[PDB]
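Chain naming is simple here: A for the first sequence line, B for the second, and so on down. Sequence positions for chain A are given in the PDB entry numbering; the residues included correspond to 3-109, 116-162, in order. Numbering, chain B: per the PDB entry, residues 3-109, 116-162 in sequence. According to its header, this structure was worked out by X-ray crystallography, 2.1 Å. Atom set for the values below is all heavy atoms of this structure, side chains included, hydrogens, waters and symmetry mates excluded. Remember, it's 1-based here, ligands and their atoms both numbered in the order they're listed.
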Protein chains: 2
Amino acid sequence: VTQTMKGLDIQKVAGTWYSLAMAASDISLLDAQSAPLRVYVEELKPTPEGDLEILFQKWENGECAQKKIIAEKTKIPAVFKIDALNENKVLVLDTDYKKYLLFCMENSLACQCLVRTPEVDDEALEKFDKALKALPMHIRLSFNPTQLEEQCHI
Amino acid sequence: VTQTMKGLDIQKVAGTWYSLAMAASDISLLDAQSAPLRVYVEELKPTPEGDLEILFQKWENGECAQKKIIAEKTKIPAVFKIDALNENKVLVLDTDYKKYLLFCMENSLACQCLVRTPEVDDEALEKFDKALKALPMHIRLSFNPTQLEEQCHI
Ligand SMILES: CCCCNc1ccc(C(=O)OCCN(C)C)cc1
Ligand SMILES: CCCCNc1ccc(C(=O)OCCN(C)C)cc1
């Protein structure tokens, strides 16, 4: 991935978001309620040091678990690191802070269209599909306003 | 769905096809290996009477089953009926006979991009995405050339 947000201000992504849409390189990354990159974002909390804590839900062991991860900053403002068995990158592609944010997680790849409200944002989906045009995605999911107001988008 | 192939010649769709891509109105229609509209097309056999027998595979009870369905003609050449508990329609959106065919099954909705060979047809995917632009799809899957040569696209 070689789309990053030039000039990103990480403090301005703070707050409420909805996972409107998701996509991944491999079907198995999103196909089941319990698939590993089926993660629903709740809230971003930038630290004063400029790390980004992520609140999200994950369907786990037949139910909707509350989860909390922190992505550590790098020399590149639009690029964060999650420590695990593998070195995994979080990239911010594009945001306008007040309506949408596009990002990817990569080691292979999953991306999302975040929005501030439980509404279908045709414009934000256009920009998302445009950004995926380049990437080798084999599954795409989108959610309706009813699902967006439910735990794990049921 | 109000995209049908004007002038369709049902005899000319006979033969080998690959389910390159699928999409559906509802995630649950395609999400699992065993989801009900995860059906992989093998072969179309038009009858002399102008019905269309469909050979396909379905992941069933932990394995890849061989299946055979016949879709009955209507007064509209691009529209067929499958008899079940519900009245279910098969619509041919568009074909060039020698490379691609787009169709939908509807009662709510699932569509596919068929191709004659195990190759990624960028052009045929463009026409497919164009045809879905209108429809309310919430899941899309595509398959690579390796998967296309395997039973149930493993
Ligand atoms: C704009 C930044 C959004 C980042 N959001 C998320 C990033 C990662 C995860 C997440 O669940 O991490 C997956 C685990 N690692 C080891 C692959 C969940 C949400
Ligand atoms: C160009 C025509 C292609 C039609 N292909 C297919 C049509 C239907 C099916 C199929 O599996 O039918 C689903 C069962 N009914 C009752 C909803 C599988 C393949």
#### Entry: ligand 2: drug name
tetracaine
### Main binding partner of tetracaine (ligand 2) (name per UniProt)
Beta-lactoglobulin
### Query
Counting non-hydrogen atoms only, which other chains lie under 4.0 Å from tetracaine (ligand 2)?
B
### Query
What is the source organism the PDB records for chain B?
Bos taurus
### Message
Could you tell me, atom by atom, which parts of tetracaine (ligand 2) come under 4.0 Å of a heavy atom of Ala86(B)?
### Response
16 (C)
### Task
Could you list the atoms of tetracaine (ligand 2) found under 4.0 angstrom from a heavy atom of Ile84(B)?
7 (C), 8 (C), 15 (N), 16 (C)
### Message
Checking contacts here: is it the side chain or the backbone of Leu103(B) that comes within 4.0 Å of tetracaine (ligand 2), counting heavy atoms only? Could be both or neither.
### Response
side chain
#### Entry: Option whose closest heavy atom lies nearest to atom 11 (O) of tetracaine (ligand 2), chosen from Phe105(B), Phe58(B), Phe82(B)
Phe58(B)
### Task
Using a strict cut-off of 4.0 Å, indicate which atoms of tetracaine (ligand 2) neighbour a heavy atom of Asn90(B).
16 (C), 17 (C)
### Query
What atoms of tetracaine (ligand 2) come closer than 4.0 angstrom to any heavy atom of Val41(B)?
11 (O), 18 (C)
### Ligands and ions closer than 4.0 Å to tetracaine (ligand 2)
none
### Query
If you measure from each non-hydrogen atom of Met107(B) to tetracaine (ligand 2), which part falls under 4.0 Å: side chain, backbone, both or neither?
side chain
### Task
Using a 4.0 Å heavy-atom cut-off, say whether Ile71(B) meets tetracaine (ligand 2) through its side chain, its backbone, both or neither.
side chain
### Task
State which residues lie within 4.0 Å of tetracaine (ligand 2), judged on heavy atoms.
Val41(B), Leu54(B), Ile56(B), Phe58(B), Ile71(B), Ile84(B), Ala86(B), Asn90(B), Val92(B), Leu103(B), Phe105(B), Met107(B)
